[PDB]
Amino acid sequence: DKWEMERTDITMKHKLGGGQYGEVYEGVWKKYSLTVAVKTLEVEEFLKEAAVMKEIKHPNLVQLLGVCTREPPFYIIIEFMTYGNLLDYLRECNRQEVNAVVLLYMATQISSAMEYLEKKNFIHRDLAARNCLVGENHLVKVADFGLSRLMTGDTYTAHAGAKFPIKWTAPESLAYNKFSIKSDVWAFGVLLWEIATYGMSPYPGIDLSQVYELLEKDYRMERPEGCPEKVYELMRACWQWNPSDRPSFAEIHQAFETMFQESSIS
Ligand SMILES: CNC(=O)c1ccccc1Sc1ccc2c(/C=C/c3ccccn3)n[nH]c2c1
Ligand code: NA
Ligand code: NA
Ligand code: NI
Ligand code: NI
């Protein structure tokens, strides 16, 4: 395995982001003088997460640097994203800096990554602002591929009693445990809303237990202040009850590439 490397190549620092990420550590890869992120350690899931990261490559997907899978503790070496997660980044930013153009740019990058996954027949299953990472100059990458899967059909069935982030999860996924690229499209809609609100929590003040009933009744979050109408329209298409009525990531991406360029012209 070309991805396999010597653990002693890495000097292990403190846990990343005060522990919010689970067991993931800042580390220094000494040879290359490089700060990296190291995921350590059922290991069954852990190892497949690594095999997946070896299959996917894209400028907006967090890149695998290497692994030590041969003996415990197991390492998963991932590129270090200097600004941390998108949620905290949106909350803490200077909005004059991270403005309407930047928000468009973020959606374009993320949708670019999802269009690539869609074309490859993968699903992510954990899309959300907390799972995106931010680099210099508002570079954004999707991370956390632990639940990512290469599909054999058009649908994937989570194991019985698996539990999900209710406010990001598509109705068919909540009810039937069925995931598809369409379910990702739904979650991407929630991510857009997180972006438009600079990291507000979705369905504000609405208790988790009532969310599914509301969706069945075709309640959807309102258009965030300052959110351009075209973007709200996309959100609403993402939240269609029928998965087959949700746009593809190819379409979503094209819509953002268009908006982003027109905004850059101004
Ligand atoms: C087990 N958990 C994950 O794999 C996971 C889940 C959600 C989001 C990310 C990750 S893995 C991860 C975590 C942090 C990073 C970073 C840097 C994090 C950071 C950097 C500055 C300040 C605060 N946090 N670079 N690359 C990373 C990869
Ligand atoms: Na999801
Ligand atoms: Na599962
Ligand atoms: Ni593109
Ligand atoms: Ni494209």
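Chain A residue numbers are taken from the PDB entry; in order, the displayed residues are 233-273, 279-503. Order of listing sets the numbers, starting from 1, for every ligand and every atom in it. Determination method: X-ray crystallography, 2.4 Å. Note: hydrogens, waters and symmetry copies are ignored here, and every other heavy atom, side chains too, is used.
Among the choices tamibarotene, lasmiditan, finasteride, axitinib, elafibranor, the one modelled at ligand 1 is axitinib. Here the macromolecule with the greatest number of atom pairs within 4.5 Å of axitinib is listed in UniProt as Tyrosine-protein kinase ABL1. At a 4.0 Å heavy-atom cut-off, axitinib touches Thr319 through the backbone alone. Listed by atom number, the atoms of axitinib under 4.0 Å from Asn368 heavy atoms are 6 (C), 7 (C), 8 (C). Among protein heavy atoms, atom 17 (C) of axitinib sits closest to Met318 O, 3.4 Å. In terms of N/O distances under 3.5 Å, axitinib is not approached by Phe317. Looking at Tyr320 next to axitinib, no N or O pair under 3.5 Å apart turns up. For atom 28 (C) of axitinib, the closest non-hydrogen atom on the protein side is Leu370 CD1, 3.4 Å. Counted by heavy atoms under 4.0 Å from axitinib, the UniProt ATP-binding residues of chain A that qualify: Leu248, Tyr253, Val256, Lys271, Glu316, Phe317, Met318, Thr319, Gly321. Only the side chain of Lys271 comes within contact range of axitinib, with a heavy atom under 4.0 Å; no backbone atom does. Not close to axitinib: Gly254, with no non-hydrogen atom less than 4.0 angstrom away. Closest UniProt active-site residue of chain A to axitinib (heavy-atom distance, 1 Å): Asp363, 6 Å.
The shell of residues lying under 4.0 angstrom from axitinib, judged by heavy atoms, includes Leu248. Of the polar atoms of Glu316, at least one N or O is found under 3.5 Å from an N or O of axitinib, judged by distance alone. Of all UniProt domains in chain A, the one holding most residues touching axitinib is Protein kinase. Binding site of axitinib at 4.0 Å, heavy atoms: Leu248, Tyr253, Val256, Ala269, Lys271, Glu316, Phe317, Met318, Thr319, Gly321, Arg367, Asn368, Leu370, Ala380, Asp381.
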Check each N or O atom of axitinib against all protein N or O atoms and list the pairs under 3.5 Å, with atom names and distances to 0.1 Å, one per line.
residue, atom, partner, partner atom, Å
axitinib, 2 (N), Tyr253, O, 2.9
axitinib, 4 (O), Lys271, NZ, 2.7
axitinib, 4 (O), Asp381, OD1, 3.4
axitinib, 24 (N), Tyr253, OH, 3.3
axitinib, 25 (N), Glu316, O, 3.3
axitinib, 25 (N), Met318, N, 2.7
axitinib, 26 (N), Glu316, O, 2.7

